[PDB]
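Report on the structure given below.
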Amino acid sequence: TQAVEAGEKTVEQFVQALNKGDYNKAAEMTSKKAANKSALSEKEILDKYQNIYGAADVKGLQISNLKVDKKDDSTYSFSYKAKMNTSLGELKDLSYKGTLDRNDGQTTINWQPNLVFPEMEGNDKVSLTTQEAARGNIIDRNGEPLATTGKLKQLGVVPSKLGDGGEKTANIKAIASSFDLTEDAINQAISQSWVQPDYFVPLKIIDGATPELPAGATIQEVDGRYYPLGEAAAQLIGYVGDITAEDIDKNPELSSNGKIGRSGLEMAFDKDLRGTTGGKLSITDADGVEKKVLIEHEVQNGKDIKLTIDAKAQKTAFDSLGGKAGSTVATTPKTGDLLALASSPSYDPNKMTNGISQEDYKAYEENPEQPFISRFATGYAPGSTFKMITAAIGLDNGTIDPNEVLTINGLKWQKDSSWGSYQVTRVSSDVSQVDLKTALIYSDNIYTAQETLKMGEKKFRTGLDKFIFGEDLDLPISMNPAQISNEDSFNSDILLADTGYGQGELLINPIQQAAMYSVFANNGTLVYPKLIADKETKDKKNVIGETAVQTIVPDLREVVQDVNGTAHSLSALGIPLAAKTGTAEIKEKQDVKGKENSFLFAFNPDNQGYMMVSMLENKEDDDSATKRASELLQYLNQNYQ
Ligand SMILES: *C(=O)[C@@H](NC(=O)Cc1ccccc1)[C@@H]1N[C@@H](C(=O)O)C(C)(C)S1
């Protein structure tokens, strides 16, 4: 009994060495090489595990049901059940057994081939055959391809079929001008350390039709991942990359030759899209005869993922941003279907997945507008669009009378002298008797600031807490929950008023804004957005009152229709529009000149068929989201009713 506890310890640390992959440490816990003892030397055991466990990518050996007995003055037997993870999934219910040795004072293991796999004897071999799974597709709400696997045209040259000096330089210049490639990059491609004179050195993937091929230029079809919308949906869809050895160490069920999603939905739905590897892991005898099949199953190709995205709305939304920094979210607000999730500027995901230059990748990483940012999932201060919610809250708690007129003189206002030099500011002093309708049409900050301070912080937060602040949206998109402020209290009349008209410490991303603003298309019911097509519609009742929606939406119509409405340029469409604009000012202590973000909210107040939230980040002068929304509004109004 005093020594049986030492034997259980030995089996435990032997398994732990195999589990951690230290096959050398496990080999040094074996007996001397002899009959009825260890079957191989320590260095031979190290190679046995490294070859076999490495061939099947064995990872995580954990055991159970350990039993250690005594059969002799120095021969203690043991047995346990074990399970492990391999390239073909989990291998469970493994019955291991053996013996130990109690010579001197320490305890060692009489190693045998049955401690690699249970059924192995002597010089048995292990064989692994595998079949790659085809990656599933990502498709829009109408089955159009967003991410698919197809045949690509691979352009490349063979250095020997170019020339010997003047004939080679003439062809390199002819190939550079015929396929739009840097002539200095073609000479750097055939000069890499892996290139032989007769090899096919790939250059670029031509996406159109094959032009005339000069001397030495060839075209070779190759299968690869393809994104039809290109940069227009790069942030949302993402890209796949070559699987590394480090990836396999974390998940052995990946394909060493396959692709793995690196960002976006390709990474979010990698498990569903990549499928499962098929094949057979078997033990053979010394003659090659199949002795036992440990694992075997057929290849399961990846499942397709169908999104709510409209591929034509996505491309229209992205192109409307003109390469400027910004984002656009389009929904069907009654159900929550996300029609478009555009972010700009963007990167080329096809170039990204077909091998990209280190120079081209750094141009993306050092672009000040940062194309890699998923701006539709980035929190921003919403701007004056948030007045719709402050007003709705004020109507529900009886603070705001829609017809009551406030006297506001000039362009500046402060509660009292304790605000110092700070003042709320409005753009026009032409209306001194301001009601809710006028405040929404003109976007009067002073009206909103006074109504917010009038209702107070308690009532304001009571209405705010009924929305989705702090909630994690059920979306396959990485994002942080929206916030009202940094802490649970404003502890500032100035901060309270600023929050009223959408400034302050508010942080809401465009998707969360589309969710909060859905109340005005559902009589005060919030409808959570939805990206996966088959998902069920989830909502939130009684966020704001139905009375508030009936009061505010007719005013939002006048934001478009009134001759002085901030969105009056949208009247040219001639379609039923309810809108609200906004311009947020950002001045952190790192930039001298301040930045401005433009915002636009718009939906159909007749049929509630669509709803959009567009924004421009660090906008240029004489630029806005409203300037750019006509084309997407025409499409959404025509196709979503
Ligand atoms: C809400 O966003 C409001 N914006 C400001 O008070 C800041 C600002 C920024 C630039 C110029 C002037 C004032 C109001 N709403 C916006 C808008 O709807 O675009 C206005 C510029 C009308 S002020």
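In this chain, residues are counted from 1 in sequence order. According to its header, the structure was obtained by X-ray crystallography, 2.8 Å. Every number for a ligand or one of its atoms is a count from 1 in the order of the listing.
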> Which pharmaceutical agent is found at ligand 1, per the PDB annotation?
Replying inline: benzylpenicillin (bound form)
> Which macromolecule makes the most contacts with benzylpenicillin (bound form, ligand 1) here, by its name in the PDB entry?
Replying inline: Penicillin binding protein 5
